[PDB]
Amino acid sequence: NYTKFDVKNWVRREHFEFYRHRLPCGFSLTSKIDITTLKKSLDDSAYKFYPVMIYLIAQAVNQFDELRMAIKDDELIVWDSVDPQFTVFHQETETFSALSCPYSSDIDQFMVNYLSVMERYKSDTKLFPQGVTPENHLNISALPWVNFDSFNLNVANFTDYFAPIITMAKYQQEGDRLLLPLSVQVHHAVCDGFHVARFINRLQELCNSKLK
Amino acid sequence: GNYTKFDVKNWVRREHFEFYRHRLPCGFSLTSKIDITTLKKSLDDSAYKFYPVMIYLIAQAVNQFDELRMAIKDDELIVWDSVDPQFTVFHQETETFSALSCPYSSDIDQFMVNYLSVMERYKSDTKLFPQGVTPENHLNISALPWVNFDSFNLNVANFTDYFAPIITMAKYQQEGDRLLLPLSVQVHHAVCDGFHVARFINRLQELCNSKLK
Amino acid sequence: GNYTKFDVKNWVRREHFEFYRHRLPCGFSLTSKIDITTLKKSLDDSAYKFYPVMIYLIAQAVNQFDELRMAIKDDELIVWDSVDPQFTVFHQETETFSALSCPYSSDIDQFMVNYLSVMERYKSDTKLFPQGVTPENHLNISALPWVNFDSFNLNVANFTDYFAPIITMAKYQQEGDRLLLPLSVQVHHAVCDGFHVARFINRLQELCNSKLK
Ligand SMILES: CC(=O)OCCNC(=O)CCNC(=O)[C@H](O)C(C)(C)COP(=O)(O)OP(=O)(O)OC[C@H]1O[C@@H](n2cnc3c(N)ncnc32)[C@H](O)[C@@H]1OP(=O)(O)O
Ligand SMILES: CC(=O)OCCNC(=O)CCNC(=O)[C@H](O)C(C)(C)COP(=O)(O)OP(=O)(O)OC[C@H]1O[C@@H](n2cnc3c(N)ncnc32)[C@H](O)[C@@H]1OP(=O)(O)O
Ligand SMILES: O=C(N[C@H](CO)[C@H](O)c1ccc([N+](=O)[O-])cc1)C(Cl)Cl
Ligand SMILES: O=C(N[C@H](CO)[C@H](O)c1ccc([N+](=O)[O-])cc1)C(Cl)Cl
Ligand SMILES: O=C(N[C@H](CO)[C@H](O)c1ccc([N+](=O)[O-])cc1)C(Cl)Cl
Ligand SMILES: [Zn+2]
Ligand SMILES: [Zn+2]
């Protein structure tokens, strides 16, 4: 569930109106995450790369209100917590589906939740096997077959859609660092450059930290 | 060219097609670096030039995959049997470009005959479309050889039902022991997922690493 | 300021202007790295700070090229004699930004006078546009100094007839013995092709590598 944001006392109330109504826009930015440390943490564990990245991304998002915003009854709200909606691939059809699972700050509980959803739905070729996407969501996708330096979604109508869209590519070694490309796409009504940078820098810190 | 009506009812992506055509219309771009170390070395011995060879290889990779030859015709999904490249050419005298097309052939020598013929007839014409209207069965290829980029994205005001891939290359540059060509690929999500764009780029990489004859 | 009414009928891009304004309305972004190794050394013997110097050099390069100073005014294409930078200013206390403008000068010292004056008058003002309406003859410049990026693109719902370039710079980063500044340039294709954007980036690179004094 959610709270109504106090727009009238917000430092960004002018910006919110401006980028929602006067100059509606968002932006994407693609950055490399250094996963050198994370790969060492992983290689010494039983967790898999994609669910760990999902967990760390969702953890970072759940720290920052402006990454959990939405419009409900034409008012700005903030979800208390958001769950990741992530894509999965079906090699037999060469199609993908979107699944979600409950976020938990505990990585072991997260992994339980994830592996359970995968067990039930990993072969289901419906686009949305679980039915309606949780309203409190953040979108995560990977393209593990190719490296990219840039990714951008051209959406014909993004009116009042404020959930961040995160896309990863195939990681690759670049000199002395193992680098994961990560695109983050937001609506400027709720996120400026500073908030996106804060998110990325926090995710980088999480990748460089003990997993638990 | 010739086309066939696609069987959407029996398509594994039937649901995705409706979703990304009607519910959430969108496409995406991505920019990837192609390793052209082997190609540049191959081209050192070739009668043919870098840009027309890249056009040929891009067109060959596109022609391999049905989802990169899709269109709406008469408000139904079709697949072109084959698509022809429409490429941009620069005019040094005016600092303007034109778009030319030529018939695709899987045989590089025949392609280059076709390419040279179009260039001979039209290369000095400063009209945007010297040949008249773009053939319906087309891909778009452009080069920006004057600057290296890591990103390129087209912001198109109305891309409704436009499914032909748009390919843009930057100035190549050396990165450690490889020569890398930045290549941007922009598609519509109704017909192409990340898998299909990745498959295209990786196939193109294979073709760049292939013998020219 | 002063502007001229552009002769579209005798323009070499008459047909491109029509095409990308009306037939296929679009623009593009592209992100490139600027080598600021020389500039950074230049600034180690200067009182001038990195951000205003970059504003100056970007504005200087834009002011050299007519196609980066275009607009629609009284429903016709015009060229501004000169454009002034509108730049984003960050307020650390609130973690919000404002947009400020100051007059462009070809003299770096006068430009810095102009910049420091506006900062003194308005740096504590949290309004988005403290000075009032953006000057009609403007260029937009933003910094995003907190994170390095290789791509940046603005997804603008309606960009009809907006021809002023949008320039965005990231956190600079050391790569070997080069210090690289990511720079995104986003234009309308009606007034700028790949050639002009490349020409702008390369000119900026040349200015960064030149004496400031
Ligand atoms: C947004 C947007 O897309 O706008 C741009 C619109 N498009 C245009 O303006 C058209 C641009 N096209 C061109 O300039 C030319 O068609 C192009 C790419 C230079 C090819 O010219 P061309 O037919 O004479 O054939 P090429 O031999 O391939 O090119 C001439 C030289 O440029 C070199 N070259 C071609 N493409 C590239 C590249 N991407 N990076 C670096 N060098 C290049 C090529 O290797 C050759 O070099 P050398 O002489 O050292 O061997
Ligand atoms: C436009 C757009 O967004 O389209 C994409 C649409 N989405 C899709 O098509 C779904 C793509 N997703 C997938 O393919 C799978 O979810 C994905 C990413 C491979 C994860 O699969 P998985 O859940 O079985 O779990 P993982 O162990 O993390 O991944 C499987 C393997 O790939 C490796 N891997 C996963 N992600 C990456 C990556 N980004 N780069 C390099 N290697 C990777 C991982 O190391 C493991 O290989 P090894 O066992 O040999 O070490
Ligand atoms: O469509 C989705 N994912 C795709 C996968 O390629 C993509 O990441 C995307 C995400 C969000 C989106 N949006 O909200 O506009 C559009 C595409 C989810 Cl809505 Cl299932
Ligand atoms: O306009 C074209 N090419 C430009 C050159 O900058 C660009 O590559 C482009 C391609 C396709 C396009 N579209 O289909 O939306 C828009 C721009 C061709 Cl359609 Cl002529
Ligand atoms: O909105 C502005 N700047 C933002 C900062 O994130 C961005 O650089 C931007 C610039 C121009 C623009 N436009 O003209 O469509 C949209 C966003 C200025 Cl108009 Cl104040
Ligand atoms: Zn309003
Ligand atoms: Zn018209």
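The first sequence line is chain A, the next is chain B, and the lettering continues from there. Here chain A follows the PDB entry for its numbers: 2-213, in order, are the residues you see. Residues displayed in chain B correspond, in order, to the PDB entry positions 1-213. Heads up, chain C uses the PDB entry numbers, so what you see runs 1-213. Below, each value reflects all heavy atoms present in this structure, side chains not excepted, and no hydrogens, waters or symmetry copies. Read the numbers this way: they start at 1 and go in the same order the structure lists the ligands and their atoms. We read in the header that X-ray crystallography, 1.7 Å was used to get this structure.
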Compound at ligand 5 (chloramphenicol, diphenhydramine, alrestatin, lacosamide): chloramphenicol
Which molecule here shares more close contacts with chloramphenicol (ligand 5) than any other chain, as UniProt names it? Chloramphenicol acetyltransferase 3
Which other chains make heavy-atom contacts with chloramphenicol (ligand 5) shorter than 4.0 Å? A, C
To check your reading of the model: name the closest protein heavy atom to atom 16 (C) of chloramphenicol (ligand 5), its residue, and the distance in Å. A:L24 CD2, 3.9 Å
Where, taxonomically, does chain C originate according to the PDB? Escherichia coli
Between A:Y20 and chloramphenicol (ligand 5), which part of the residue brings a heavy atom under 4.0 Å of the ligand: side chain, backbone, both or neither? side chain
So which heavy atom in the protein is nearest atom 7 (C) of chloramphenicol (ligand 5), and how far is it from that ligand atom? C:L154 CD1, 4.2 Å
At the 4.0 Å heavy-atom cut-off, does C:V156 count as touching chloramphenicol (ligand 5)? yes
Does A:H189 come within less than 4.0 Å of chloramphenicol (ligand 5), judged by its heavy atoms? yes
I'm trying to map the binding site of chloramphenicol (ligand 5) - which residues have a heavy atom under 4.0 Å from it? A:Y20, A:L24, A:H189, C:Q86, C:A99, C:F129, C:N140, C:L154, C:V156, C:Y162, C:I166
